[PDB]
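Encoded as structure tokens, the structure appears first; notes follow it.
Numbered from 1 within each chain, the chains take letters A, B, ... in sequence-line order. Atoms within each ligand, like the ligands themselves, are counted from 1 in listed order.
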Protein chains: 2
Amino acid sequence: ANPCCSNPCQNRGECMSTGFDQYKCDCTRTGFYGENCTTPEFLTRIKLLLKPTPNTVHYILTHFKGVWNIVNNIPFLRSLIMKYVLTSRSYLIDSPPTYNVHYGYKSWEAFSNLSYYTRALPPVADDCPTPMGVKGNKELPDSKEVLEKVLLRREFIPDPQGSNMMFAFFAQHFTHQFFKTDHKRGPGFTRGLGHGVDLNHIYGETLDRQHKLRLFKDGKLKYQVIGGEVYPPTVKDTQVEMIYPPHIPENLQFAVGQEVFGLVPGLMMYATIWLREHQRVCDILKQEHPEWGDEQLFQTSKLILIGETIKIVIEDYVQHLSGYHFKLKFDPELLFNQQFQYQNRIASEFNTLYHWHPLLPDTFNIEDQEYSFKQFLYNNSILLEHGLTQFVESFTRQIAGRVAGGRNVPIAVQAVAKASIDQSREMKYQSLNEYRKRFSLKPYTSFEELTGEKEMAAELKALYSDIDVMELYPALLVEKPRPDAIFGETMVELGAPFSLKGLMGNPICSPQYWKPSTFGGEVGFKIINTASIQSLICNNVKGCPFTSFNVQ
Amino acid sequence: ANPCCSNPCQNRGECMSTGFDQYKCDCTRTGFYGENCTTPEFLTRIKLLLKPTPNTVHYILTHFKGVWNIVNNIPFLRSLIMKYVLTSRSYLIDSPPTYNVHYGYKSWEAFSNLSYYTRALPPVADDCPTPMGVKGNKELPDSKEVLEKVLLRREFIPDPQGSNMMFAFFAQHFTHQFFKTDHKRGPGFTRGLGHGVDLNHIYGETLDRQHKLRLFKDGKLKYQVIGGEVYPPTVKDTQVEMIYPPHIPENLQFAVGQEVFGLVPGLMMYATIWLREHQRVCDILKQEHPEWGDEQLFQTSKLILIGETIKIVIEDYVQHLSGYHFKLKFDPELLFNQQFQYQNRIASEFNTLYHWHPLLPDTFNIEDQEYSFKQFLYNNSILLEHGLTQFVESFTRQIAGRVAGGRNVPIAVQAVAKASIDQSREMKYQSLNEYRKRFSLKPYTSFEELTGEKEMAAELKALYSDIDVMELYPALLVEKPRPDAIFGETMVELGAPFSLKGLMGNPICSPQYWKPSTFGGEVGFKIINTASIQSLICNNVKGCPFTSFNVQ
Ligand code: HEM
Ligand code: HEM
Ligand SMILES: COc1ccc2c(c1)c(CC(=O)O)c(C)n2C(=O)c1ccc(Cl)cc1
Ligand SMILES: COc1ccc2c(c1)c(CC(=O)O)c(C)n2C(=O)c1ccc(Cl)cc1
Ligand SMILES: *[C@@H]1O[C@H](CO)[C@@H](O)[C@H](O)[C@H]1NC(C)=O
Ligand SMILES: *[C@@H]1O[C@H](CO)[C@@H](O)[C@H](O)[C@H]1NC(C)=O
Ligand SMILES: *[C@@H]1O[C@H](CO)[C@@H](O)[C@H](O)[C@H]1NC(C)=O
Ligand SMILES: *[C@@H]1O[C@H](CO)[C@@H](O)[C@H](O)[C@H]1NC(C)=O
Ligand SMILES: *[C@@H]1O[C@H](CO)[C@@H](O)[C@H](O)[C@H]1NC(C)=O
Ligand SMILES: *[C@@H]1O[C@H](CO)[C@@H](O)[C@H](O)[C@H]1NC(C)=O
């Protein structure tokens, strides 16, 4: 019934029901006019007839290596380039936020209720003929049918980019501070009220929690020593509530900070390296401040790790994921003369996009022993067995699956992949094409166009019939990867904005915050500006097991 | 012991204890260098040798009327001027926030714990020799002694600017949505987690609360009709918890939204006009949207009233408070090309500055009857007695006391004034001079300089001895008012920043939010863009009792 059901408003304008069967588009600031914010302003024509497509640019970024290496050495240029990646990308997200699970309109509730994941595209009116608004049949293809026909893995397809397990697990750990669906309330509700890189997953979600995990001596988090090794303290000791299967013998029920990092040793590995990292900084800050006390050592340490995290995620993680010859840079200054909202709200779409289960191999091979999912799950003795160094070496050397491409979802976490399909549906999502449109991308004219082949393509067609009506999540996985890459234009184009805004839209990046003293001195500031996944490991694992997010 | 106790860091740099007896100043971006961020950069000299003092500008603003009127009619110019007031003012506050009651340093806690009032200047180290850091005696003058010697009122001094009661109570109502000290935790802790103009004082602090105050029919708030008049529903009906003296006969225990607006009829008056206003919009929005339902009529209505509020507060309230011949303007676009943080955190200092008890007369004269504080307090029958129209007429014509100047605090709310003194002290505040410095103002060289006379001046001197050591709150009230004005340079200079940032740093002002459709159409948008205290009353009081924030 909703006259807007048909998503009639183009080029970003807003749709509004001006009467029962009437609608109106608010093309304000869109750069277009007319009934559907379709006809461009003359200066808009100009821009259109000048914008290199994603692939064009993606080409030029991943090519011309020699040229690039020159650029990477002309600071000014690199700075100007990175500066431009931050602004354009970021300019794609709404800050302050608008819309959510329940709000198809702006509303003060939608805006302030921090218990929701924000939504880049409003949901679909509960009174719309078809799930995707108006197009398509009275229901979308059975989830199980899509799960099996185009998602599930047969032959393990490895990542053509080299992503090893250090990366797969870093991305599991890292994003899990912001994606924490509150299943008590339903999908669309988050338990991470910080909405960003606050390291809640190391220090705890709340004050009461963090104080249970602290030592209160030199700003250090509590820990224990097994072997001559440092490990997270137990739930029995700190008394923090963690999620662990009852059969776990205690003494292995680690505390850490995120109540779920005990269900997967890849997480507890990183849970332990950062715990190690925190302390390491404490001692450093104490060496500089004999006069500082616990809480200041702590609060400052928690600020340095946030910087490392952001540092590492931009120049190692994201760098690698891009495969660009251009050296990405974490420099909060790039935006000091730019208009930029140092705030952020994690969106549902980002959560979906970040469902990278295909990275998972069929066995977790930790030097000499290979493990079934079932054997690895919440089995911390494995961590205690080989112990970090031999865990880091194993994982540095072990490709992860290709995300995009097709049929790569481990049958193990298949309950998950289906769940994703199901939930996106319950959270009234819009078509992959609308989302494509939302991110200045050109829509797919065919399943055949989407996949880059016809086996699955036609296979999906049989299911979704009309390409438009194709769903966002599935499409991401069953999509033509750009060359020897792990993702396709959609996945990069939709996530990069969400990813840089949440990375750069953090208080420590604000001018008031971005200064030596904010971190304990030029010494602490450097700990941030010279962070790396190699150092992260080098300084916290037994020998300096060389690592990277690339399986060589 | 804290080597920073002496507030050694000038021109905004940060102080840091680099060793027990040593400190270091982080002059980053201050525009100065050297041990204390004292020596300016050459380009800083320039700026210094070109900045008209507050009074200079204040003069030129309040003078040259003829010139000004020309300006006010050259949009472009006015827009450019207003644009300049927003940016410069706003540029004075830290966003994101830094420091609070407990945090003398940046910390993630200080930043994220929304239960605190942020702090423009860090507190004083609990291990500092003297309350004001190092200067002064082991203690500040007994509060009771300052209260009485220079604060308390003898002869009611009226406001030389004309502030009547509509203004005094509008300011009581208005700021009371953001200042809501959580006395359960202590001064420095707020109960207004929205930190701004969210109209929490009309709709309720929480969802559970707002839903109790709602009618759930056409987006309207619940109400009742006494006489042929609309009034807030009762606590017995809605079941919302309000603070009322037990002797109140129920039936007069109004609900409204802020749990304290029943203790003062001036508040309940405005509590009722906005309730009236909300509904009024609902009907308007239903007239445009036959298809809309409750929650949308509501959520949109609550968005229009926030706009009106911001509108009225800039062009009527603030306008008047300034006495500038230049017409202040509410135009969210002024900042669309500017760098601006559409966020905010209410600071303690703003709460203090906003302690305008001196506006209160000695009796509340509501046409034909005059009331003692004791008689007026939580006496709603008075409202039901004369009823709005004759309440608006009375209040439009009844001056309020002068804030600045000296000795104007009603002996009634004297417990309050002392309380302020006492609390600012417990919240480890800094000297009035430090604050003066903080806002680019030149410090007072003498109590004599402060007051603009010597009776009190010397009187204060006997108490504080060293001018620096003089406290912020007292000084605000016992300060030479600029000409025929209600405040003096300190009060304007410290609050205008806090005030414009919280007004302009609101989501509805952000580009995504500032558009016709955000409010239900070009009709709803106008309800905002043509708001006024006169219309607020005109459209919601029996006859259009003419009003203004000026007693003619
Ligand atoms: C041992 C490895 C892993 C296991 C067993 C695993 C398992 C799961 C499971 C059971 C869910 C819950 C789905 C539901 O109930 O609806 C989930 C969610 C998720 N997983 Fe994984 N996962 C693993 C690795 C990863 C990796 C490497 C990534 C990379 C980004 C990832 C990203 C996600 C995301 C973003 C969610 C949603 C989080 C939320 O909204 O709560 N997972 N995973
Ligand atoms: C009938 C008139 C008024 C009465 C009886 C009154 C009474 C009070 C009282 C009892 C307090 C609490 C102090 C404490 O316990 O520490 C207070 C706080 C305050 N009042 Fe008023 N007041 C009135 C009018 C005003 C006006 C017109 C203003 C104008 C701005 C004002 C501004 C404030 C502020 C900003 C606070 C602090 C609020 C907070 O932090 O919770 N008051 N007032
Ligand atoms: C292959 O090329 C890539 C891949 C990923 C990228 C980027 C470029 C860029 C930068 C750029 O594209 O210019 C950013 C910011 N990426 C992300 O961090 C990211 C993270 C998660 C998701 Cl789901 C999507 C994107
Ligand atoms: C006499 O001249 C004034 C007085 C008050 C003013 C302003 C100008 C301006 C604008 C300007 O000065 O340009 C703003 C924004 N004012 C406030 O609303 C305000 C409110 C409360 C406090 Cl505590 C302090 C200031
Ligand atoms: C807008 O779209 C509708 C159908 O979606 C169509 O009838 C109408 O002509 C279009 N108008 C413009 C200006 O695009
Ligand atoms: C957020 O919204 C949902 C539904 O409106 C509500 O149940 C929940 O309590 C709200 N959360 C907060 C913190 O207000
Ligand atoms: C904020 O701080 C106070 C005192 O430190 C604490 O009691 C309260 O729980 C904190 N709130 C949050 C949300 O952490
Ligand atoms: C956990 O892994 C260890 C080492 O590979 C193994 O001995 C143990 O059987 C596993 N635990 C379970 C419950 O299978
Ligand atoms: C800074 O202040 C200290 C004492 O507070 C003094 O010794 C030093 O000379 C000052 N320097 C400047 C440039 O103000
Ligand atoms: C409150 O006002 C009413 C009506 O004017 C009056 O009857 C009553 O005496 C007042 N209450 C007190 C305690 O004075």
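Sitting at ligand 4 is the drug indometacin.
Within 4.5 Å of indometacin (ligand 4), most heavy-atom pairs belong to the chain that UniProt identifies as Prostaglandin G/H synthase 2. In this entry, the other chains with a heavy atom less than 4.0 Å from indometacin (ligand 4) are B. The PDB entry names the source organism for chain B as Mus musculus.
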